[PDB]
Structures are given as structure tokens and as C-alpha cells.
Amino acid sequence: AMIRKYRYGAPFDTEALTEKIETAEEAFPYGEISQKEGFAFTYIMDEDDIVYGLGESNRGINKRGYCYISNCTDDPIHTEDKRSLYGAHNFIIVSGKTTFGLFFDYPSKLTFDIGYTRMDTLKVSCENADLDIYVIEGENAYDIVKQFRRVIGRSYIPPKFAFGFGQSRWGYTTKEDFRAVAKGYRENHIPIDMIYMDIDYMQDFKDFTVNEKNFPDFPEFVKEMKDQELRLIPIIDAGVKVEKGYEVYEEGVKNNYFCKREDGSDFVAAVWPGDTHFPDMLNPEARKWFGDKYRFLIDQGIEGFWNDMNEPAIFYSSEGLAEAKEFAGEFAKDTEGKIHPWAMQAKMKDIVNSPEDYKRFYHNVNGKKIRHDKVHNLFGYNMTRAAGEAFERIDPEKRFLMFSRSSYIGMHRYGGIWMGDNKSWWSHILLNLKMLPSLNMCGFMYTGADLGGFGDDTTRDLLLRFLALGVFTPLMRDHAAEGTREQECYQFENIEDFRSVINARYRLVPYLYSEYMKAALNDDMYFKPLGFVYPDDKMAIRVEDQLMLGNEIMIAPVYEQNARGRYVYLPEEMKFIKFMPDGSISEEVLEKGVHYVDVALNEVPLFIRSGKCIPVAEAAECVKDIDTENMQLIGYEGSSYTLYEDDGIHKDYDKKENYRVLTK
Ligand SMILES: OCCN1C[C@H](O)[C@@H](O)[C@H](O)[C@H]1CO
């Protein structure tokens, strides 16, 4: 009703929305539209306007002052200059005197020039005028986000164990590796629920295999781990290894389930297994086939998966590599200095994630051929869709843990996302924080970043501050790249500080799970910018390093090295709470306004809003062992809290039995 859909040309059906909106037949209601050069929408912003949205994208909560390109890309260096990361989340909200939301339902490269060229000018452009643009009206940004959340369908809901702590590393390969992790945590009584299995668990990186040498009785290992409340979470990649006798490959070739070149052959992309084919994720029969392969792991006791490299990432194509070797032979023969090393270096970089390669393969959509670049940002989304749909077919009532690196709006119904390859940088604590509300606006609630940083070398104090933010993010996972300084919690001196921080997570799990469930079930946000909760407070609307969570608390993590506290702005009176390393809970009332709060490395801070309280459990070492029967309430006298809790396993969300009222 307050949502209208403006159709240009003949757009591709992304299935991002679950709700049907009729095509509007009036002139576009904001700014101006031009087709002189592909498609461009231009809008002149007021100087006080804030722009929210874009889900997983670079920089801040207010998107003004830079350029953002929705073009799912495998880029491990998230510096401020980058215009594209892994996600394509084409929803923005202009917020000010004039307020409206826009969703550009377009599956290809889409450029958001948000004051980059001229500060007052918002320009959104793409190559082809074949798209739907949804215009959402409302009193404020928050109401517009809520309408949007309604029409894109309910967010993915994880199983409760996924709210525990998880540990992973690109490098764990053998039973011994995994047992050392289990032992490193359990014998030091650091809580944990999950261990991630990265690409080395497979036989030569073949999807839907297990290295039968390292795991000759894999279901028995899965049980050994699960008996200790440790759930193994295996990676699945986009590329299917080319290899004779490998059933997944053979089936794919025989039934034409792979993406093909223009000449009809199966396109070759080299990734971890060397030569691979990509399953045609936009083909329904291929998707059913590919998703059903997950049963191979599910039958073995596996309850969760993560999907990687699904941009899809390409190290090189056969075509790219041939050009590379040819160039290199010229370089090698050059004696006159006609070919500089720089040109040689550039060619080598050019064959990776090449825009040319994305034009070299096609999807078969219900019989019709579509060049991949035209639908590039739909790939990772449909790979995760394939898995989610398969889960429904095998056990309609069971929640599986599922999250994906690349995504597009619509995928939020089928899995979460992690924020990809960050770095052990202090700036990435803050980057992690700012991405949270924007993802929430776009449907992606189950999210998190690699705690401690994926690439480069972490330090003890950096890992502790990351963990203290991760305490509040639904996906809380310590994961590192190969070759990095080891960053399992037991690798550092005074490990009692890591126990204290992760203890805080487990004490908060019933509250955090409850808020997640209440928000997901009501198409609402888990994390919100302060401006959404205090929209009449000009100071509050511009705060970017604090977030509101549910309706009870605010978080404000320390993200500066050597800092012993940080500044905060409280838009109302709050109780400043700290989980202390001795197990106690420090509390102090603070009035509305500016404060510097002391927060030590081994203290986890939060703020409880006036007239609110939250339940806190005693610390336990796995989700199953959390005692929720008579939790302590922290916060304001005379307040109450409605706890959501179900069995954490099935999908019986609609019971009054799931809710109970607690009173301080
Ligand atoms: O080329 C790298 C592929 N992968 C990228 C993922 O983002 C990361 O989490 C993972 O550890 C890594 C190895 O599986």
C-alpha cells in the first residue's frame, strides 16, 4: 500500500520478495530517471539527510560520502577504498525531512554513488534498464525497514546451538587436529559448541566427500565430538572438481547440471581442487540435485554447514590461463625491454576473478540461456537456496545451521552470512559493528565476523576485544587463515580472561536467543542504529559505534588498542553493566548524556535501558547445559521481560508455551 513497484524493461525474476506488489503506472515519485547511458536514478539530498542500508557494504551506518557497487566479489582486503565486497543488498533509505526507502531489484552490477561525486547527489546506475524499483513510504526509516522486512519474507532462524561459541581455522585436517581443539577448550573450561571444518576435511577438495584416510569412520568421529556437545560444521564450495569416477562430477556432466560456455561445453573454473565446474544454481533441477547432496553429510550426523567461494570465486579459467602463459613466454623472450615486469604482474592479477570469465559461462533458466554476468549477484544466493530447500525436503521441521559468504536479498530466508575475510585489525572491530544494523535492515540477522581477524597476525588484546563484540553477534566465531599466528583462546597467556569473556556469551544466550527469535518472528531488527530507537535525538541519530539490541540493551564495544575505556552517549538513563572476570556483575546507574566508561580487557560491557531488565544465566560450557529455570534478572526494579524459549531444535514457533514473563 505504502509500497509501489516501478518496472523498467524486462527484469530478471530474482524472487527477492515473497509478497506480490502490482506494477505502478505513474511517473517515478522521487528524483529523476535517465536512459541516456544505461539506467540512472538521480536524487538531490538535503544536507541533513542520512542514508541507511546496503547491508554488507563498506564504511559506516550512514552511507553518505562514498561509492558502493553491488557486485559480489572475492576480495580479502577490506580497506576503506573498496567499493565491492561479497554481498549485493540493494536497499537504501533516505532519511530526513523527506524520507523513503528504495529497493533496486536488479541482479547485476549496480553502482550507488552516494555523495561521492557531489556531496548533495545520490546517483544509482546500472548498465541495462531492466529492473524493478520498489519505493517504500513511511514516517521514519525504522517503519520503512519494517515494511521491507515484511515483503521479503521471514528471516532464516538458526538452531539454538548456533548461539554458542565456535572455533575454526583454515588448517585443521586430521582427527588429531580436531581433538587438540576440543581438548584445548574443554580442559580449560572455555565454553564452546561448534568446531568448523575447513576445506581440508574433503578428499582432494571434492564437495560431498570426506577424506576417508583421516576419517575412516566419519559418523563415529561426528558422534565422539557430539557426545562432548561439539558439533562439526563442514565447509561446502561452489566448484565441483573435474575428475573421472567422481560421482558428483559425472552426474553433473551427464545431466547437464553445470554452467556451460557459449559453445555448449561445460565451463572450467580453477579453484581449490584445480579444475572445477560450477553447478547451474539458477537451474531448478540442478539446484535440487546439488542441495540433495547435503544428505551425504546430514546422514552422518552433521547439523550445520557453511557455503564458501560462492561469488563464485575463480582463480583462473582455462582461457585466462592460456593467455597468461602466452604473455609469459613473450616476457621471457623479451630482450629489448618492450615488456615490463609490471605488465607481467598485471596479467597475472587480471586472470583472477576476471570480469571476462563472468561473461564466458551461462545459466539455463527453465530452458533459456542467460550469460552469468547478467545475473552474477544471484549465484551465492541460489547455492544457499539449494541447500535450504533441500533441508525442507528431508526434515521440514528441523533447523540446520547454514550461512554463506556471498549473498543477495532473498537469501536471508535460507541462511545467514559471515562477513568474509577480514583482518586482525582494530579498525575491523568497528567495521564488524557498523555492518550489523545494515544487514538487519536487509533481512540478514544471523551474522558475525571472524573474531580476532581472519588474515594477518592477531595479538592477545585484539582477540579479547573482538570476542567482547562477538559476545553479542548471533554468529560468534573465532576463525583464522592459513599461515597466521594461531588464535585459539588457549594459545595465549592468562587464559582465564578468555574464559571470562566467553562465559559472558553463555550467560547471555537465553536473552540473546530470545531477542533473536522475537525479532525474526515479527520481521523486526535484532540490532538497530540509535536513530531508530531515539529518532527525536539529533545526537543519537549520528552515533555509529554503539548499537541497540532488542528492546532492553545497548552495546558499545572498545575498539581501540591500549584503551582502558571509551566514550559513550546515553540517550536516556541506563545501568552500565560489566561482566567481571571473577564472575560478578558490576552495575552503576548513568544519566542521559556523554560519559567515559572504564572497560578492562577482560570485562564485557553493556547498558540496560531505563525501565528494562534482562535475564542472565549462570555460566555453562555448552548451550545444552545452560540452566534457564530460575535465572537472575539484572536491570531496573519493577520492570519485566518476556522470555522466548522453545526446544531450540524444531520450528514450533507459534505456541503460547514458548513465552514466559519474568519480573524484577
Ligand atoms: O581461497 C580461500 C577460501 N576460503 C575463504 C573463506 O572466506 C575462509 O573463511 C576460508 O577459511 C578459506 C579456505 O577455505
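Along the sequence shown, residues carry numbers from 1. Every number for a ligand or one of its atoms is a count from 1 in the order of the listing.
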Wondering which of isoprenaline, ethoxzolamide, esketamine, pilocarpine, miglitol shows up at ligand 1 - can you check? miglitol
From the contacts in this model, which chain binds miglitol (ligand 1) most extensively, according to the PDB entry? Glycosyl hydrolase, family 31
Which residues and nucleotides contact miglitol (ligand 1) at a heavy-atom distance below 4.0 Å? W170, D198, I199, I235, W272, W306, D308, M309, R405, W418, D421, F454, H479
Out of all atoms in miglitol (ligand 1), which are within 4.0 Å of some heavy atom of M309? Include the element for each. 1 (O), 3 (C)
Purely on distance, is any nitrogen or oxygen of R477 under 3.5 Å from one on miglitol (ligand 1)? no
Test of proximity, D450 against miglitol (ligand 1): N or O pairs below 3.5 Å: no
With heavy-atom distances below 4.0 Å as the criterion, list the atoms of miglitol (ligand 1) near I235. 14 (O)
Sub-4.0 Å atoms of miglitol (ligand 1) with respect to non-hydrogen atoms of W418: 6 (C), 7 (O), 9 (O)
Contacting atoms of miglitol (ligand 1), where contact means under 4.0 angstrom from a heavy atom of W306: 9 (O)
Which atoms of miglitol (ligand 1) are found less than 4.0 Å from any heavy atom of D308? 3 (C), 4 (N), 5 (C), 6 (C), 7 (O), 10 (C), 12 (C), 14 (O)
Enumerate the atoms of miglitol (ligand 1) whose separation from the nearest heavy atom of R405 is less than 4.0 angstrom. 5 (C), 6 (C), 7 (O)
